[PDB]
Amino acid sequence: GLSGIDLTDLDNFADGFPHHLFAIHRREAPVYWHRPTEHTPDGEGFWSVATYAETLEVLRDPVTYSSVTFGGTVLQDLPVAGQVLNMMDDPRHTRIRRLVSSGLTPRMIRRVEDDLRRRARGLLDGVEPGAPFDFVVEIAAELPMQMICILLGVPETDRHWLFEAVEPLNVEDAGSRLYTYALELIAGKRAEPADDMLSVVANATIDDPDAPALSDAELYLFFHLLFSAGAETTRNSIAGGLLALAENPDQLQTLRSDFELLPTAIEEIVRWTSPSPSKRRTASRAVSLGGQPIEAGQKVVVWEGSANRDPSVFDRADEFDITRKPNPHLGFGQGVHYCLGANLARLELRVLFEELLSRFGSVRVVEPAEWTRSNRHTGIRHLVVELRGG
Ligand code: HEM
Ligand SMILES: CC(=O)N1CCN(c2ccc(OC[C@H]3CO[C@](Cn4ccnc4)(c4ccc(Cl)cc4Cl)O3)cc2)CC1
């Protein structure tokens, strides 16, 4: 069973989150030492955590399970190793998280909502009914990218040009373009503050020596990482949502008939899709997790993607149900690092599906979904659909 399963082998992730591997994991060893293979980061083994109770226990103890432990086009050769908020512990984490939260202003969130609703309408009004198209390419990717650019204060004219560097053309040039751009943007917001999250965070000076404000290079890292990954997780929830609804047409009809069902439906979409299905932590001290001793310094990987289908907590865990109650999913994390984007993601999903379902009661997926090759993101690269009134 587990002894021949390699969770670092991305071939196991190329076709979607491998739920069947995680059923084995939960049954055989909730908490398991995963020896390093040819495919494993740093040739370092780790504790792999697949059940809900133990995953939640790790998330809820940031003192024992430290978040101090980048792909894409992110610059790999900066002179200094910056931190990003999700890799911080207290005291610095608390101060920076509070700062980022203070950047999520009501006026800016209204701007996102208005822009989303306009764009969602524009895009859906442009669909040719019944004609196949790639939902990811034409709609799902666009809306969160615009949201994340509004949040980070990126002028509209620069957004797709930036998205090309974030998601390509070579890695060096991409990263260099983004670093220059980010640093110009930061400089501009310091000279003329704007009502956006990046401006608030960039303009901060903190007097605690153990909790300094973000450096310029750290602000670039934050910009790049959140742009890429906040856009990606959100689009994956949208695309995976459409797919789940298309595979359960009776629920689609129920939902489209009563938008008061949408908030609960959105929680089930996040549970089902679990776009960010794994996290790293490092044990800071000897401790036991589910009766397994762990030593200080050892890596821990929790799998929310597995926890969210744990049959000890979710009845009929392997079925999608838009009316699921209760639904204590971990799709947005839990504890001190809980997703600061959770309401933003849910807004994206709510507006898109309201606009989509108002117009189309028939959703057909006409080619197999193509999944991205990753165990850090569960995502759909292409989803070819036909939308009709129905
Ligand atoms: C459906 C889309 C999204 C999903 C599934 C998701 C998931 C998550 C999860 C599971 C965590 C916890 C990380 C950890 O425990 O180490 C997290 C953290 C975070 N999320 Fe998201 N996220 C989504 C969208 C967004 C968006 C749109 C934003 C933009 C504000 C955002 C901003 C953040 C930030 C800043 C953190 C780190 C918080 C901290 O470390 O204190 N996320 N997200
Ligand atoms: C060896 C092994 O088995 N494995 C390798 C390493 N593995 C892994 C590595 C990194 C990782 O990263 C998740 C954390 C970091 O990523 C985000 C994604 N995100 C973005 C917005 N909301 C969530 C994030 C949050 C805030 C900000 Cl500022 C920026 C980001 Cl990138 O959460 C998740 C998993 C898991 C699989």
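Residue numbering for chain A follows the PDB entry, covering 6-74, 80-178, 193-414 in order. Structure determined by X-ray crystallography, 1.8 Å. First listed ligand is number 1; within each ligand, the first listed atom is number 1. Note that these values count all heavy atoms, side chains included, but never hydrogens, waters or copies made by symmetry.
Picking from ketoconazole, lefamulin, olodanrigan, the molecule at ligand 2 is ketoconazole. The chain in largest contact with ketoconazole bears the name, in the PDB entry, of Putative cytochrome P450 126. With hydrogens left out, the protein atom closest to atom 23 (C) of ketoconazole is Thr257 CG2, 4.3 Å, a heavy atom. Atom numbering of ketoconazole starts at 1 in the shown order; those under 4.0 Å from a heavy atom of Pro46 are 1 (C). Only the side chain of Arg304 comes within 4.0 Å of ketoconazole, judged by heavy-atom distances. Ranking protein heavy atoms by distance to atom 13 (C) of ketoconazole, first place goes to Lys303 CD, 3.8 Å. Under 4.0 angstrom from ketoconazole, there are no non-hydrogen atoms of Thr45. Within a 4.0 Å radius of atom 3 (O) of ketoconazole, the protein contributes one or more non-hydrogen atoms. Within ketoconazole, counting atoms from 1 as listed, the ones closer than 4.0 Å to a heavy atom of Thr13 are 1 (C). The atoms of ketoconazole that sit less than 4.0 Å from any heavy atom of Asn96 are 14 (C), 15 (C), 26 (C), 27 (C), 29 (C). For atom 17 (C) of ketoconazole, the nearest protein heavy atom lies 4.0 Å or farther away.
Less than 4.0 angstrom separates some heavy atom of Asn399 from each of these atoms of ketoconazole: 2 (C), 3 (O), 4 (N), 36 (C).
Taking a cut-off of under 4.0 Å to the non-hydrogen atoms of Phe246, the atoms of ketoconazole that pass are 28 (Cl). Remark: distances from the non-hydrogen atoms of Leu95 to ketoconazole are all 4.0 Å or more. Each of the following atoms of ketoconazole lies closer than 4.0 Å to a heavy atom of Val94: 28 (Cl).
Of the protein's non-hydrogen atoms, the one nearest atom 8 (C) of ketoconazole is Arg400 CG, 3.5 Å. Residue contacts with ketoconazole leave out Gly365, since none of its heavy atoms falls under 4.0 Å from the ligand.
Under 4.0 Å from ketoconazole, heavy atoms of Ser302 appear from its side chain as well as its backbone.
Within the deposited model, no covalent partner of ketoconazole is present on a chain. Both criteria (UniProt heme-binding in chain A; heavy atom under 4.0 Å from ketoconazole) are met by no residue.
Regarding atom 22 (N) of ketoconazole, its nearest protein heavy-atom neighbour is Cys363 SG, 4.3 Å. Atom 34 (C) of ketoconazole lies below 4.0 Å from at least one non-hydrogen atom of the protein. Residues touching ketoconazole within 4.0 Å, heavy atoms only: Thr13, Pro46, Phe51, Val94, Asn96, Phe246, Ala253, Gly254, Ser302, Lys303, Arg304, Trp327, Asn399, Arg400.
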